[PDB]
A.B. asks: 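Here it is, the structure in full.
A note on names: the letters A, B, ... follow the listed sequences, proteins ahead of strands, and every chain is numbered from 1. When a ligand or atom number is given, it counts from 1 through the structure's own listing order. Both backbone and side-chain heavy atoms feed into the values below; hydrogens, waters and symmetry mates do not.
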Amino acid sequence: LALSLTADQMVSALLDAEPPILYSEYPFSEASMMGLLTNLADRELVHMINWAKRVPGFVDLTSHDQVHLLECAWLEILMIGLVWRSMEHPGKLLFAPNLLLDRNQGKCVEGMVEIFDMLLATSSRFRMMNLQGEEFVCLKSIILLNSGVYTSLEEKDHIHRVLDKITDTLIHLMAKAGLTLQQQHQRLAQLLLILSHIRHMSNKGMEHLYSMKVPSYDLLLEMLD
Amino acid sequence: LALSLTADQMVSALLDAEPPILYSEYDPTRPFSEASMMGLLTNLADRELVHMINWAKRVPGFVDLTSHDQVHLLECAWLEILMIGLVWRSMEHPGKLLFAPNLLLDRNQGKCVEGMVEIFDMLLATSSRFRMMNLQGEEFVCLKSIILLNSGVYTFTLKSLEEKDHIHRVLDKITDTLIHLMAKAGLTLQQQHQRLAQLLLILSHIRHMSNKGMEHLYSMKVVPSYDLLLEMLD
Ligand SMILES: C[C@@H]1Cc2c([nH]c3ccccc23)[C@@H](c2c(F)cc(NC3CN(CCCF)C3)cc2F)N1CC(F)(F)CO
Ligand SMILES: CC1=C(c2cccc(O)c2)[C@H](c2ccc(I)cc2)Oc2ccc(O)cc21
């Protein structure tokens, strides 16, 4: 079914599964800032699982594989969401509508400034590319399906065919927007290369969270069913 | 001078710029303890590093960049570049990493350094994913140049805008070069877009492998510095 969808259908279904925008509870210094960001992360996580179950192909996977994809992707997903929300607040991060934070407020946590700077830089790149909400939902799905695909064979083929239809979906949006074939191939490549930076940011994030002192498999295991 | 090149001229130059395959020190005490194996691999990577600078200066667009921006891209890319280099030459050796023609190691020799085996298994999966897709040399040299230009572009006044848009124009030129190679080979436009996307999604795991590698190199306890790379650049 999910392999037999048009560009239009894939977009619609993803536009439909989008979690809602959440609110914080808001000086700071290490403890509270982390507090507010931790809690909001944890609430966003709950909505993430129900969003993933609505990504075409995802539910056709085993619960083992669903869980692994999520334990590898969860912080890339949070981060592309933040970056997407921040696109029209140049030089700030819209954590929540009541928590819009400055490059300068990263200094309130040791090691966080660097992760704000990365994030702000991805936001500006989205703004300059005029990233569309339809392109956003496709990329957030690419991340979900792609960040642990390389780790049975039947499952790998299914994920790779889903990702083929999201490529088609991404190309269709750009053709409908009226881009040339050269402009289409180019914009496809620009958006998928930003995923390597988001992967980078995820890994430096994870690293910085272990300086703080991450969900296990059992965590997500229970939450899917 | 990189925006003048046709697809074929961009491929020609990238093939021509390729570093040679180096050997590991010949007849070290066999078998290895963790230390001596880490000495062999470090000795080899540090030698590969010198050739990588020479290779980097022949990637079209790279010498148009300031020396500061040139070293920033190498700071950010060097381990992803060594790693894609490893997975390509490892392709035709299922379950084996061809570090050198004289240093061919399977998963189990990876266990001889604590933490190395996880990163080993990732490098092995990636080489298999390359085999599975029948990655071509012309494509490989396009991916290796994309890592150099892309990895550090996101962490750069009018100056460094023209550097960031120039890097992006070059990257757009390498994308076109990849499509041309696929269209030339007889792939449909659809298959052309699909194969471009799967090649670029693999760059995201290579970044992952790179950050895990750097994590592991730190754990053990050194890596290229800024100044060092500045020196080799000139
Ligand atoms: C700035 C980034 C990105 C980010 C954080 N909060 C968010 C809320 C909504 C959307 C995005 C974010 C925040 C963030 C986060 F992303 C997760 C957590 N930790 C909690 C995730 N929890 C799950 C396990 C609970 F037991 C631990 C704390 C944060 F400050 N994060 C920091 C970092 F992870 F990159 C480390 O520097
Ligand atoms: C990927 C890789 C290493 C590797 C393997 C596993 C983990 C890791 O962190 C690095 C290891 C290495 C050792 C020391 C340094 I300084 C850099 C790389 O030795 C190499 C040699 C050549 C090469 O092309 C790639 C590697």
A.B. asks: To what macromolecule is ligand 1 bound in this model, taking the chain with most contacts, per UniProt?
C.D. replies: Estrogen receptor
A.B. asks: Mind telling me the name of the drug at ligand 1?
C.D. replies: GDC-9545
A.B. asks: Using a heavy-atom cut-off of 4.0 Å, list the other chains contacting GDC-9545.
C.D. replies: A
A.B. asks: Mind pulling out the residues near GDC-9545? I'm using a 4.0 Å cut-off on non-hydrogen atoms.
C.D. replies: A:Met34, A:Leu37, A:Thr38, A:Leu40, A:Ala41, A:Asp42, A:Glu44, A:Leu45, A:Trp74, A:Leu75, A:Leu78, A:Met79, A:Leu82, A:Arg85, A:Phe95, A:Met112, A:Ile115, A:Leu119, A:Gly205, A:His208, A:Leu209, A:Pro215
A.B. asks: In terms of atom number and element, which parts of GDC-9545 are under 4.0 angstrom from non-hydrogen atoms of A:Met79?
C.D. replies: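 Checking each atom against A:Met79, I get 35 (F).
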A.B. asks: From which organism is chain A, by the entry?
C.D. replies: Homo sapiens
A.B. asks: Taking distance alone, with N or O pairs closer than 3.5 Å, would you say A:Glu44 contacts GDC-9545?
C.D. replies: no
A.B. asks: Name the UniProt 17beta-estradiol-binding residues of chain A with any heavy atom within 4.0 Å of GDC-9545.
C.D. replies: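 Those UniProt residues with a heavy atom under the cut-off: A:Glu44, A:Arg85, A:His208.
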A.B. asks: Most of the contacts with GDC-9545 on chain A come from which UniProt domain?
C.D. replies: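 Most contacts sit in UniProt domain NR LBD.
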A.B. asks: For A:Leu45, take its heavy atoms, then give the atoms of GDC-9545 lying under 4.0 Å from any of them.
C.D. replies: 23 (C)
A.B. asks: Only heavy atoms of A:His208, strictly under 4.0 Å: list the atoms of GDC-9545 that pass.
C.D. replies: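 What qualifies from GDC-9545 is 36 (C), 37 (O).
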A.B. asks: Would A:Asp42 count as being in polar contact with GDC-9545, using the rule that some N or O on each side must be under 3.5 angstrom apart?
C.D. replies: yes
